[PDB]
Structures are given as C-alpha cells and as structure tokens.
Asks: 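Handing you a structure now.
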Amino acid sequence: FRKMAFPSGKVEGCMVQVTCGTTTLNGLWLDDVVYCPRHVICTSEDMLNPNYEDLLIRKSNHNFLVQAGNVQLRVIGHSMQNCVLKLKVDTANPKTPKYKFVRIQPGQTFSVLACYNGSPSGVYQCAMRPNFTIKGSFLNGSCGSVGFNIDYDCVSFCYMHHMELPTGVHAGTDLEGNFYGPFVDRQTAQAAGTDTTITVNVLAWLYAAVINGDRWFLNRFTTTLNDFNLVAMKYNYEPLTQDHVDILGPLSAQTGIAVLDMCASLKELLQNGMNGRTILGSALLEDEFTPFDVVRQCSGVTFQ
Amino acid sequence: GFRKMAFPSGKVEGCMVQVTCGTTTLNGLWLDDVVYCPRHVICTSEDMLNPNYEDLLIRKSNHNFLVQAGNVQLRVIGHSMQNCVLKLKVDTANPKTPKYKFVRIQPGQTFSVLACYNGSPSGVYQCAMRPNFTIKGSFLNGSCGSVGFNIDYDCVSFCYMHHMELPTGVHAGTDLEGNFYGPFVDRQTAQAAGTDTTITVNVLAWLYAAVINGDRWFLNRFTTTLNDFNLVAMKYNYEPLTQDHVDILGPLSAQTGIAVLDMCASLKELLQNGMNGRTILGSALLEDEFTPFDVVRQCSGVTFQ
Ligand SMILES: *[C@H](O)[C@H](C[C@@H]1CCNC1=O)NC(=O)[C@H](CC(C)C)NC(=O)OCc1ccccc1
Ligand SMILES: *[C@H](O)[C@H](C[C@@H]1CCNC1=O)NC(=O)[C@H](CC(C)C)NC(=O)OCc1ccccc1
C-alpha cells in the first residue's frame, strides 16, 4: 500500500508566477482570474504585522507582474478575499479544467503540486492533520502551491500554501483565503495544537488489511460509538463523527465487518499493542489513507 | 516525515492512449506518429500461457489494432516488434509530444510511474529499480503500458514500461526498447526474482535526510573504513558502497558535517543492533528508495536543526 498522488497535468496548466517588487510566489490561473497568497504585496518590514488593507490600497493593477513562464498576463483588476489576492487578467486560461473550490476536514488527503517561480517541481500526497497542519516538502518560493483532488474530469482545489511553523510543518488556506487552523499570515512564531491520530483513516487501513487477507486483529467484541470515542481520546486518537462512520460504509460492506466491530478491534490494538505482529507489513498503524484512498487504490479509478 | 515526491506527470499524461487487440486492452505511449505498448496486447488468455510472439504477430494486420486517444480512433498504418514492445505507426502526430529520450536505468535509481487504465491516467508515485530488477509499484489489471520516467528541464527520460506482477506482488517490466529489467519473460508463468538486496547509498542518503530534519538518535562516535563497512554491509544483504557512492554523498556530508564513513559507522550499528522499536523520519524500517539526488532536491535550502 503506497501513497499515490493524482496525475498533476490539469493543475500544471494553471500554475503562474506573481511578483510584487522582488517578492515572487505562485498563483493559480483559472478562467481570467489568478489566485495567490496576499503576502506577495508585503516587504521584509511589512511581514511582522502587515496592515494588508493599507498595503493593498497603495497597489494598482500595474504593480502586479503575472507570468505564465516568461509570458506576461496583463492585470485588469485586483481584490482581496480573506488571505488570498484575486488578480483579474485579460486572458482566459485555455487549460482551465472543470473545477471546484472545497474546504476539507482534518483527515482528508490531497495531492500537492510543489511549484517554484510558477514551475511545477514535484507532486506528493498528504493529509490534513487534526491540528490543521500538513507535513511535506515546501521550500522558499513554494507559497501559492496548491493542494487538490480529482474526481472524474473535475479538480477540487482545497489548499493554497502560505507558511512554515517552527516545528517544520506547513499551514495555508482554502481557495477562498480562509486559513485551516488558528494561523495568521504574519512573520510571527505560531504554534500548532497538539496533534492526534486520524482514527477514521486507521480504520480504513485496517479494512485494507482485511481485504488483503491480513485479519489476525479481528476480535469477537463490539463497542458503542460513544464508548469508543471516549477510549480513543485517552490514546490521543480523534473521535469519530457520524460522517466518518458513513464514509466507512463501503469498506464495511465489502468485508462484512461492521464499523463498530472494527472499532472494537482498534480499541484492543490501542490497549494491548501489536505484540510483535505487523499489519500490511507495518509495525505502526497508518493514518494517512482515507476510506476513499483505500477504495481508489484497490479499484483503479481514472480521471480525464 | 520525509515524503516520496514524484515528477509532475502532465508531459506524460498527454502521451497516454488505449490499445486493444480483440478483448485484450492496455495502455500505449504516443510520441510523434508512433504508439509504443507491450507486445502481449496481441495475446488471448490462452496465448499468454505460452506465447510464440513472432508467430502471433505475423497473424495480425494493422486493422486488428484499435488505438484510441480519448474518444478519437488513431488509424494504425504500420506495426513492428522490438523485443517485448510493439511500435504502431499511426496516421496522426501527437501535438503534445514532449522533448524525450529513452534510457535504461541502473539498479538503485528512482523514477516516477504514471499508472494508467484504458489510456486514462490514474495516479503518480515514485519507484526505485531494485538490485534484483523488480519494482514495488501499485499496478492492477489493465495497467500494462504504464510508463516510468524522470524529467530534467523540459525533457522526459522514459525508463520503464509495465508488463507483469510476480507472485510476491512486486512488478517487472522493460525499457522502451522492450528489454526486460531482470531475468523475467512476458509469459503467464510464476517467476521468482533473485534474492533482493538493500540499496546502501540510498539508505545513507535517507539517514542524512533524518539528521537534516533533527532525527539524530542513531549517530555514534565509531568510525569505520570503507572495506570494514562493506564486510558488515554484505553480511546483512546490503549492496557494497563504492568510492563513487561516497563521492555522490559529499554534498549531504558537507551540509550536516557528518563524514560519509561516520554515517557508515552509524548504519553498521543499526544493522548489528536493530532500531529497538525506535523510528527514523517516522519509519520503523530503514528506507532505501531515495537517491542522494532525491534527498538533495528536498533538503537543499533547509535550515540545519
Ligand atoms: C512562501 O513561499 C513562504 C513559504 C515558507 C518558506 C520556507 N518554507 C515555507 O513553507 N512563506 C513565508 O515565508 C511566510 C510569509 C508570512 C508573511 C506568512 N513566513 C513563514 O513561513 O515564516 C517561517 C519561515 C520563513 C522562511 C524560512 C523558514 C521558515
Ligand atoms: C498488464 O496489464 C498486466 C499487469 C498485471 C496484472 C495484475 N497486476 C499487474 O501488474 N500483466 C499481466 O497480466 C501479465 C501478462 C503476461 C503475458 C506478461 N501476467 C502476469 O503478470 O502474470 C504474473 C503471474 C502469472 C502466473 C502466476 C503468477 C503470476
């Protein structure tokens, strides 16, 4: 079972660079709008506590350099929405895919197209942690790189990159510019909350193990959802929501193992450990595969 | 903790097509006016058990090949076989053909795979060519003709085309000249690989990545000679470390201030003592599928912990 990213071509065709002065970051070009982090308008001095409303009133369309490679796109309008800048340009991107902007929950996975100077560098899969941070590679110049999922022909953009926290983890916004988590776009030390294990994804991975015939951990017990949630919290596992129970439905149906029976199996693994045994060849419980990821990787779903 | 990163797949996505012969469907790679695909597309279920490919191919005409680029049929106007790959000349040039090369990769090197089904891209992930010439991929029925590649500037270097799954669940395939990596054959028979070994230079690169990310518990004050390291490495079915490998670890050694032979002494202790339930970069196992180049790409401008 490997992390698999979505094919990145539909997103590569949307990446541009945005420059104010000597500050360059990435933007997302959809139709005739370029979306990017608003801190492109900040200088070194502005960054500790920028007054973004005051910095933006001093900017005109002609102050923004938007480039698709070396090709300039003329800016014909600008506005700020939360922590994102929207630059209207005079050219509709002919590579614009069918798309949506979505706000994801903790535990949801997405692909990141890491970009520098508007040029795609790499693609990887990551998970939104319960503390609203992501673990992955973002270097200087990576801001405005996006996270996404693809369903059939349609790109759901869920993340735009803004900052690195002291622990080396990353924080950003949805494409409406609202941060995930209690973070703000200013050059100040900010701490993430204590992270927890993504319970719904551990359950998905136990279902994946059962599908592949690795089922030694199936016990003969059940639990209520409330009793499970109170025990899970003692082991720094996220409580399950009704939505989590429902998204496990397909794997529960495929395996014939009721969700609350799998919860009872996980509770015994937390209380007793694995006693030297492995699951899918791992001594560690994996929490960055969603129920969708398990079905996707076992069933060979494509996109176009 | 430290993630595998694939190359952006768009330049390859624009080359993927579907190839069908009778009821056998797989993927092809469309470059200029040629579609490259695994030759076993010409086999029925029965043929795949023990195929005489020259005999099976002479019984085929251009019209027996259905090539589809999405909805659009590409007319086949010529065919030839090069080792285990079929080359279908079509009457249309692919406008999305990138600058490209065909390369044969060395064991220990990494590449990105674009897994495809019915000519449609499904997923992208990083693989290493193992010393036993298998890859640990994710490939289902219909995945054959999926390719592996690296990208340098604008240029796609295609190194792998997918053909089969071994009984152990690992994967085997060819270069784009149709020559298998490893002692495998394109027949529906159970095939074992040679006993695999661990890619030593890649483990060392990953331990450097761990140190750069502040994960340092495994460092020690032993050093070793290269020869004495290699004696222990070989005992544990690790590949020998060459002076060329020591040289390519130079930049990571400079970044961390840990001499390559000091990192070798750390790895020797990990092999002899195990990890004792501890993790490195959140892994319970020593990872050998990042090259020094792969690590340098992610660690370049990182501030030392
Ligand atoms: C945007 O490209 C950049 C991304 C950071 C830089 C290093 N890795 C990243 O993920 N964001 C910032 O520089 C950001 C700007 C503020 C106005 C939000 N500040 C930030 O992340 O500060 C922490 C930091 C900066 C530079 C190097 C290491 C950490
Ligand atoms: C091409 O789409 C397909 C890919 C396989 C299917 C499952 N996962 C994969 O990677 N290749 C084959 O089906 C291949 C065709 C031969 C004519 C090369 N057969 C195959 O891999 O068989 C392996 C095997 C045969 C007999 C016993 C045990 C394993």
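Numbers restart at 1 for each chain; the letters A, B, ... are given by sequence-line order, proteins then strands. Structure method, as recorded: X-ray crystallography, 1.4 Å. Numbering of ligands and ligand atoms starts at 1, following listing order.
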Asks: For ligand 1, which chain wins on contact count (greatest number of heavy-atom pairs under 4.5 Å), named per the PDB entry?
Replies: 3C-like proteinase
Asks: Which compound, drug or drug candidate, is present at ligand 1?
Replies: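 Answer: GC376 (bound form).
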Asks: What are the letters of the other chains having a heavy atom under 4.0 Å from GC376 (bound form, ligand 1)?
Replies: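 The other chains in heavy-atom contact are A.
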Asks: So is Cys42(A) touching GC376 (bound form, ligand 1) or not, going by heavy atoms under 4.0 Å?
Replies: no
Asks: Ignoring hydrogens, just give me the one of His161(A), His170(A), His162(A), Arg186(A) whose non-hydrogen atom is nearest atom 14 (C) of GC376 (bound form, ligand 1).
Replies: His162(A)
Asks: Which UniProt domain of chain A holds most residues that touch GC376 (bound form, ligand 1)?
Replies: Peptidase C30
Asks: Report the nearest UniProt active-site residue of chain A to GC376 (bound form, ligand 1), with heavy-atom distance to 1 Å.
Replies: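 By heavy-atom distance, the nearest UniProt active-site residue is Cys143(A), 2 Å.
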Asks: Counting heavy atoms only, which of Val40(A), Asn140(A), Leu25(A) comes nearest to atom 7 (C) of GC376 (bound form, ligand 1)?
Replies: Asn140(A)
Asks: Starting from atom 15 (C) of GC376 (bound form, ligand 1), which protein heavy atom do you reach first, and at what distance in Å?
Replies: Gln187(A) OE1, 3.7 Å
Asks: For atom 3 (C) of GC376 (bound form, ligand 1), what is the closest protein heavy atom, and at what distance to 0.1 Å?
Replies: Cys143(A) SG, 2.7 Å
Asks: Out of curiosity, which residue and atom connect to GC376 (bound form, ligand 1) through a covalent bond, if any?
Replies: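 The model places the covalent bond at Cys143(A) SG.
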Asks: Looking at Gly141(A), which atoms of GC376 (bound form, ligand 1) are within less than 4.0 Å of one of its heavy atoms?
Replies: 2 (O)
Asks: May I ask which of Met47(A), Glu164(A), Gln190(A) has a heavy atom nearer to atom 28 (C) of GC376 (bound form, ligand 1) than the others do?
Replies: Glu164(A)
Asks: Does an N or O from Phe138(A), backbone or side chain, lie closer than 3.5 Å to an N or O of GC376 (bound form, ligand 1)?
Replies: yes
Asks: Name every other-chain residue that has a non-hydrogen atom under 4.0 Å from GC376 (bound form, ligand 1).
Replies: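 By heavy-atom distance, those residues are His39(A), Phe138(A), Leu139(A), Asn140(A), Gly141(A), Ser142(A), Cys143(A), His161(A), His162(A), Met163(A), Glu164(A), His170(A), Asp185(A), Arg186(A), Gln187(A).
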